[PDB]
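Dihydrotestosterone bound to Androgen receptor.
Heads up: chain A is whatever sequence line comes first, chain B the next one, etc. The PDB entry numbering applies to chain A: residues 1-8, in that order. For chain B, we keep the numbers from the PDB entry: what you see runs 671-843, 849-918, in order. Every number for a ligand or one of its atoms is a count from 1 in the order of the listing. This deposition comes from X-ray crystallography, 2.3 Å.
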Amino acid sequence: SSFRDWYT
Amino acid sequence: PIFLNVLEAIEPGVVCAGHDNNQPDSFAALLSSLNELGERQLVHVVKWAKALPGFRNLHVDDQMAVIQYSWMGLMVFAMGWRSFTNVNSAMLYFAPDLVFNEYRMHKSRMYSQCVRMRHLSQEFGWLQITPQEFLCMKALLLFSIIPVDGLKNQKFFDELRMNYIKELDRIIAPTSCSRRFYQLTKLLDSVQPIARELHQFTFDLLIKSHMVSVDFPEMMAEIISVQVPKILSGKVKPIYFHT
Ligand SMILES: C[C@]12CCC(=O)C[C@@H]1CC[C@@H]1[C@@H]2CC[C@]2(C)[C@@H](O)CC[C@@H]12
């Protein structure tokens, strides 16, 4: 997910 | 008071919405600008959260999960505070370039919800809430919505939560120091049904967003479509102090 990747 | 130090230190500053105030107050523009703001304020919510005490002890999926579930309430609570402190609660201080008067409240088609948010704001005055109380309460709000079957590491979450409660207890730290606790727990509870209404509204909006020319930024659309429905469908629920 785009959130999963920004947050990591 | 090491915990306050942190909370005061990490508290995010002003965030402008990018709203063009020269254009008229269309439904599409107010809402696309609030969606932008949301995406902007989420950046700050994330950075803040990561720097909270104990937060990075949570399993990382839990971390992302609670942020994605609680952003609305957190963001609504902070906006209520800003409105209290900057416009003594006549209007809604979303961003310095996105202040809702009643006309905008009506044109957003969320007059109903905006009424509920203005109450929230008034309560900050009504109850004489200190800045330290706001901060401790706002942090608790991050830990106030969970999957009904639990998070990967639910035991670490309950402990953290417990600890944020004791801190609010501490900042309140025996008839006021108790009736006060009742009141703020009451005020915190009140955020949830307001966030519930906004989840319903935004989700509804995202679904019909080609029909009304409302732009949703990338991560907002993901969160509204994957996460928010878990709340709306009852898979994920607020934790209330009082039933
Ligand atoms: C969280 C935001 C944006 C940040 C803020 O200060 C509070 C505000 C509450 C209403 C939300 C909005 C983000 C955009 C939403 C979700 C719209 O889609 C409908 C309701 C809006």
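Other chains with a heavy-atom distance under 4.0 Å to dihydrotestosterone (ligand 1) are given as B. Residues in other chains coming within 4.0 Å of dihydrotestosterone (ligand 1) by heavy atoms are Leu701(B), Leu704(B), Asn705(B), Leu707(B), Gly708(B), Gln711(B), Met742(B), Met745(B), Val746(B), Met749(B), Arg752(B), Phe764(B), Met780(B), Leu873(B), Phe876(B), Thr877(B), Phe891(B). In terms of protein heavy-atom proximity, atom 8 (C) of dihydrotestosterone (ligand 1) is nearest to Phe764(B) CE2, 3.7 Å.
Taking a cut-off of under 4.0 Å to the non-hydrogen atoms of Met749(B), the atoms of dihydrotestosterone (ligand 1) that pass are 6 (O). Short contacts between dihydrotestosterone (ligand 1) and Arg752(B), defined as distances under 4.0 Å to a heavy atom of the residue, involve ligand atoms 6 (O). Atom 1 (C) of dihydrotestosterone (ligand 1) has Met745(B) SD, 3.8 Å as its closest protein atom, hydrogens excluded (heavy atom only).
Measured by non-hydrogen atoms, the distance from dihydrotestosterone (ligand 1) falls under 4.0 Å for these UniProt 17beta-hydroxy-5alpha-androstan-3-one-binding residues of chain B: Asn705(B), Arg752(B), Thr877(B).
In this structure, atom 15 (C) of dihydrotestosterone (ligand 1) is in close contact with the protein, since a protein heavy atom lies within 4.0 Å of it. Ranking protein heavy atoms by distance to atom 20 (C) of dihydrotestosterone (ligand 1), first place goes to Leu873(B) CD2, 3.7 Å. Most residues contacting dihydrotestosterone (ligand 1) in chain B map to the UniProt domain NR LBD.
When only interatomic distances are considered, the shortest N/O to N/O separation between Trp741(B) and dihydrotestosterone (ligand 1) does not fall below 3.5 Å.
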